[PDB]
Q: 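Okay, here's the structure, questions in a sec.
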Amino acid sequence: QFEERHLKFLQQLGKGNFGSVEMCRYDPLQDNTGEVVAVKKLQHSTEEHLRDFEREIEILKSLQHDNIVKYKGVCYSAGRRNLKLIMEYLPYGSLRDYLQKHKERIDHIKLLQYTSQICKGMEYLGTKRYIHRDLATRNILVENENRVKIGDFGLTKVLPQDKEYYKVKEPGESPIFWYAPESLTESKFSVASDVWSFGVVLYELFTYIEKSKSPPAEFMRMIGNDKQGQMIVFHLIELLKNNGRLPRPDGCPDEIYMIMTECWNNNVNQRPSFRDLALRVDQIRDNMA
Ligand SMILES: CCS(=O)(=O)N1CC(CC#N)(n2cc(-c3ncnc4[nH]ccc34)cn2)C1
């Protein structure tokens with residue numbers, strides 16, 4: 001539904017290997033009245049990455065929720081080459097950058113509002129049997145000061161109809177410091193591993209994205225900054241197997257840290273549900289108010 005000739009590039013909003021997102025104006029009348037949109041494209045579009053991208057687009061189109069970024073459409077040139085995903089543009093960028101840049105004005109009650117919205121989005125995913133696999137504040141977007149949305153679904157998988165986990169090992173770097181132990185050891189991803197990652201997101205929020213307090217920084221100190229290459233993963237596994245954990249962030253109340261530590265249960269089946277997480281967070285919010 002979008003013609004590429006009418007997409008006007010404004011700036012880059014994000015870039016990894018395999019993908020990037022741009023701020024563009026969609027201006028079919030060419031009179032500078034069109035709306036600004038976000039445009040995701042692949043960076044090294046192998047056929048495998050293209051099939052994954054088409055599945056990612058279908059997943060996002062199937063999702064309709066206040067805390068999930070809105071699908072708008074697709075754009076392609078020359079037959080169907082250089083597929084692009086069109087999404088609503090959210091003006092405050094990623095929650096990671098937003099929180100870092102406005103930490104002095106964002107209090108704990110606001111952090112818990114964001115936490116509750118992220119839980120509701122994840123519960124919605126879970127009802128569709130979708131496993132996100134990449135939950136992190138860098139993949140959460142800020143629509144306004146009172147509303148956040150899960151913003152990227154590049155790694156999201158649909159569970160088989162007969163199993164409660166999905167096994168996958170992607171070649172390349174993996175956000176291992178957000179991964180549940182069974183995801184590190186067995187490449188097993190589930191609603192429960194998303195819950196483990198959600199605990200890491202909650203940690204991130206209460207660190208306010210302070211430099212040396214990031215999960216990678218804290219875990220690398222705990223295993224020794226000398227560890228190199230593959231040993232990193234091995235040592236992380238051993239650390240988590242012995243119940244090594246990220247510390248309580250400065251100023252974090254004990255009850256919030258306790259939500260984190262319960263998400264970080266080595267026993268997959270004893271981690272809370274996203275509905276229970278939302279319930280506990282919302283009760284704490286109400287107590288604070
Ligand atoms: C895999 C690296 S990436 O470039 O594809 N990636 C997605 C990313 C993280 C998230 N979410 N990103 C999205 C935006 C963004 N900003 C403003 N409005 C928006 N609408 C839809 C996306 C969006 C900014 N960064 C950075």
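Positions are given from 1 along the sequence. Every number for a ligand or one of its atoms is a count from 1 in the order of the listing. The header says X-ray crystallography, 1.9 Å.
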Q: What would the PDB label the drug at ligand 1?
A: baricitinib
Q: Any idea which macromolecule baricitinib (ligand 1) contacts most in this entry, and what the PDB entry calls it?
A: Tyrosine-protein kinase JAK2
Q: Check whether any N or O atom of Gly14, backbone or side chain, sits under 3.5 Å from an N or O atom of baricitinib (ligand 1), and answer yes or no.
A: yes
Q: Give the numbers and elements of all baricitinib (ligand 1) atoms closer than 4.0 Å to a heavy atom of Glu88.
A: 19 (C), 20 (N), 21 (C)
Q: Any atoms of baricitinib (ligand 1) less than 4.0 Å from a non-hydrogen atom of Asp152? List them with their elements.
A: 7 (C), 10 (C), 11 (N)
Q: Identify the protein heavy atom lying closest to atom 10 (C) of baricitinib (ligand 1), giving its residue, its atom name and the separation to 0.1 Å.
A: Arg138 O, 3.4 Å
Q: For atom 16 (N) of baricitinib (ligand 1), what is the nearest protein heavy atom, given as residue, atom name and distance?
A: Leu13 CD1, 3.7 Å
Q: Check each heavy atom of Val69 against baricitinib (ligand 1) and say whether those closer than 4.0 Å belong to the side chain, the backbone, both or neither.
A: side chain
Q: What protein heavy atom sits nearest atom 23 (C) of baricitinib (ligand 1), and how far away is it?
A: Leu141 CD1, 3.3 Å
Q: Is there a nitrogen or oxygen of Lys15 sitting under 3.5 Å from a nitrogen or oxygen of baricitinib (ligand 1)?
A: yes
Q: At a 4.0 Å cut-off, with the gap strictly under it, does some heavy atom of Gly93 reach an atom of baricitinib (ligand 1)?
A: no
Q: So which protein heavy atom does atom 12 (N) of baricitinib (ligand 1) come closest to, and at what separation?
A: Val21 CG2, 4.3 Å
Q: Is any N or O atom of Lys40, backbone or side chain, closer than 3.5 Å to an N or O atom of baricitinib (ligand 1)?
A: no
Q: Within baricitinib (ligand 1), which atoms have a heavy atom of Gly151 less than 4.0 Å away?
A: 11 (N)
Q: Please identify which atoms of baricitinib (ligand 1) are closer than 4.0 Å to at least one heavy atom of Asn139.
A: 9 (C), 10 (C), 11 (N)
Q: In this structure, which residues build the binding site of baricitinib (ligand 1) when a heavy-atom cut-off of 4.0 Å is applied?
A: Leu13, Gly14, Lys15, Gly16, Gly19, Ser20, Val21, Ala38, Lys40, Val69, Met87, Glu88, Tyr89, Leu90, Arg138, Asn139, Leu141, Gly151, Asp152
Q: Report every pair formed by an N or O atom of baricitinib (ligand 1) and a protein N or O atom separated by less than 3.5 Å, giving atom names and the distance to 0.1 Å.
A:
unit_1, atom_1, unit_2, atom_2, d
baricitinib (ligand 1), 4 (O), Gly14, O, 3.1
baricitinib (ligand 1), 4 (O), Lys15, N, 3.1
baricitinib (ligand 1), 18 (N), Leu90, N, 3.1
baricitinib (ligand 1), 20 (N), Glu88, O, 2.7

